[PDB]
*Asks:* 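Sending over a structure with GC1102; questions below.
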Amino acid sequence: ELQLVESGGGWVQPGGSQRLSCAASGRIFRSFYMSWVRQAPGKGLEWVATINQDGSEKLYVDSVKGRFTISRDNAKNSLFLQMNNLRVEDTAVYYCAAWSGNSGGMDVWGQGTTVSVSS
Amino acid sequence: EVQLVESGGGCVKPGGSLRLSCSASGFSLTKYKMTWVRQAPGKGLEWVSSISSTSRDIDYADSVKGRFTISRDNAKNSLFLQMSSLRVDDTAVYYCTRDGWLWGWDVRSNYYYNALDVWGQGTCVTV
Amino acid sequence: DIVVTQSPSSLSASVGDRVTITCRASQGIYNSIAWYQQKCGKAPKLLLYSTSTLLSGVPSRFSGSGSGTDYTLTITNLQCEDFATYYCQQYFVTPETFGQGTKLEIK
Amino acid sequence: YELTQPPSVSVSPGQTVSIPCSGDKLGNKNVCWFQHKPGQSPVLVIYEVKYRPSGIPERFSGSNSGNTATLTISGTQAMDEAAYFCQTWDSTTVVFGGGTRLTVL
Amino acid sequence: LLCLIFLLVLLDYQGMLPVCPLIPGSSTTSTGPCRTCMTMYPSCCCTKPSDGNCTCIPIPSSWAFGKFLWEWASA
Amino acid sequence: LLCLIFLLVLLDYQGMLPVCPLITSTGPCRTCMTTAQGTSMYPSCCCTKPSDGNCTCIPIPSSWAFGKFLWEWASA
């Protein structure tokens, strides 16, 4: 199948920046919508971003509108989320998700990276 | 986001020549038939020219037939309209639109006509 | 080569009202009429195509009807955003003739 | 746009339960149900109003009545104890429910 | 074999072989969930992960299989 | 002709020919995926609505779409 692994999540001072990288394990990665969904500690899942196959359609949630930038390297089979001007409420476990063609939702998920934006 | 941005619009002496360059972002021009629509100041919309997906079916309006020259570049993803010998009656805002999606060989009956689904921003040409 | 008359030239209506715009082609275009909305000094946006199909971002208030040569665009509920000029275009055969345009003003 | 779920529901060791999911006109939207066990990545359980992906057991089922989606688990075991989120799109942004931490005694 | 090929060609010319187009990546038609066919001619649809609605494209009425093969061999 | 027939059969087996499963029962319409070459999505359903009917979105078979369609057409 398709396996996604998140990396680059870690502690960062408020107002800082991060670049979470999601490495895929297949060439089918290029054929899927790739989304970032976060789960904050003590809260449920929250969608963050979504990018189409070509990368020409990037969608973000209003909480991280403008602050985050999702972009994919199809040749390298990776999906990066650049977080700029992070906030205290951006502390969460971020998962990359693949909208596979064998399901109507995102049925491929990664382990997740625990971004901890605090002083 | 599907968007078209044209350029090359400005004041031009009568009998001169201008070239309008309409780039597209968010999609590709390779399989779409592109169209030019102008709007004279205080007048209505008017079709100008239309080029097929592979530059085979070129159509010009009877008012601008012979002078204008429409040409696409799918590799560069950009439409172009070379205007030659502009009369004083050619001053208008030109919009580059997207008329029809090709599926199959390049014939007018192999297109899915959605009637100019996305419009450009419009470049003013003043003579 | 197809004369596509559009009527009325201009019409006023209240803030909430149903307004119908008629478009009569010279000859049959076989349900290949499209309705575009052009606001104050902006590029027209496609509202309807194939005489019935709505477009993404278009409010559900706009609707289309008619067949053969006579087609209608109906706005059941109006709003400040509905101040624009509406054009009907036939794309049944080249050249793609547009309508003359109707100016809609909220009274 | 807000999806309203119960904070938690109670299940007998082998009984059937139904996790509801309120919303504004959910009858005209696709609702995907996930399963986020603590410490594990979310697992898609239902990708349409009533359709399950490959490998998900047949016990899960989905329904959408009026403005309320529902995930029904029949013959719930101890391996269904997790948080279930209903996901649907408002205009172009996907929205998850508040979570329904299923409890199996 | 040859008769079968000619029969397939004849069925494809009449539009009886519903080999449907690759749905365009950028379709502006207003839609909704696939279970609500807001568009209807027989169309091939896929659920768009962005807005959650379905993007559809009608089957070509002239040569569906031929057009699909042409577009497959053109890429 | 034999090479063309073999190529068509191979494409049918791989799921490269999205033939509608119509010769009903509504089915899932899975998410859009682009093909190997191109920005166009690969269809997953065959939604069709009659003039006075309902939605019938039957998913496109993956194993043999064209073969299953031909078998259904012959059987009906």
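Chain identifiers are assigned alphabetically (A, B, ...) following the order of the sequence lines, protein sequences preceding nucleic acid strands; residue numbering begins at 1 within each chain. Any value given below was found using the heavy atoms of this structure, including those in side chains, with hydrogens, waters and symmetry copies removed.
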*Asks:* Curious which chain letters or ligand numbers map to GC1102 here.
*Replies:*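 In this structure, chains B and C.
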*Asks:* List the macromolecule sharing the largest contact count with GC1102, named according to the PDB entry.
*Replies:*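 The largest contact count goes to Large envelope protein.
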*Asks:* Which other chains line GC1102 with heavy atoms at under 4.5 Å?
*Replies:*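 Chains with a heavy atom under 4.5 Å: A, E, F.
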*Asks:* Tabulate the epitope of GC1102 on chain E at a heavy-atom cut-off of 4.5 Å.
*Replies:*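 Residues with a heavy atom under 4.5 Å: E:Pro21, E:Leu22, E:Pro24, E:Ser26, E:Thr28, E:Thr29, E:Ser30, E:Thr39, E:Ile57, E:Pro58, E:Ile59, E:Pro60, E:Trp63, E:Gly66, E:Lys67, E:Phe68, E:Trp70, E:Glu71.
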*Asks:* Under a 4.5 Å heavy-atom criterion, which residues of GC1102 make up its paratope toward chain E?
*Replies:*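 Paratope for chain E, heavy atoms: B:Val2, B:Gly26, B:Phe27, B:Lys31, B:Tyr32, B:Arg98, B:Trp101, B:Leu102, B:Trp103, B:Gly104, B:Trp105, B:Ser109, B:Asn110, B:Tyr112, B:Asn114, B:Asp117, C:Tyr49, C:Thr53, C:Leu54, C:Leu55, C:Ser56.
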*Asks:* If you read the entry, what name would you find for chain A?
*Replies:*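 The PDB entry says heavy chain of HBC.
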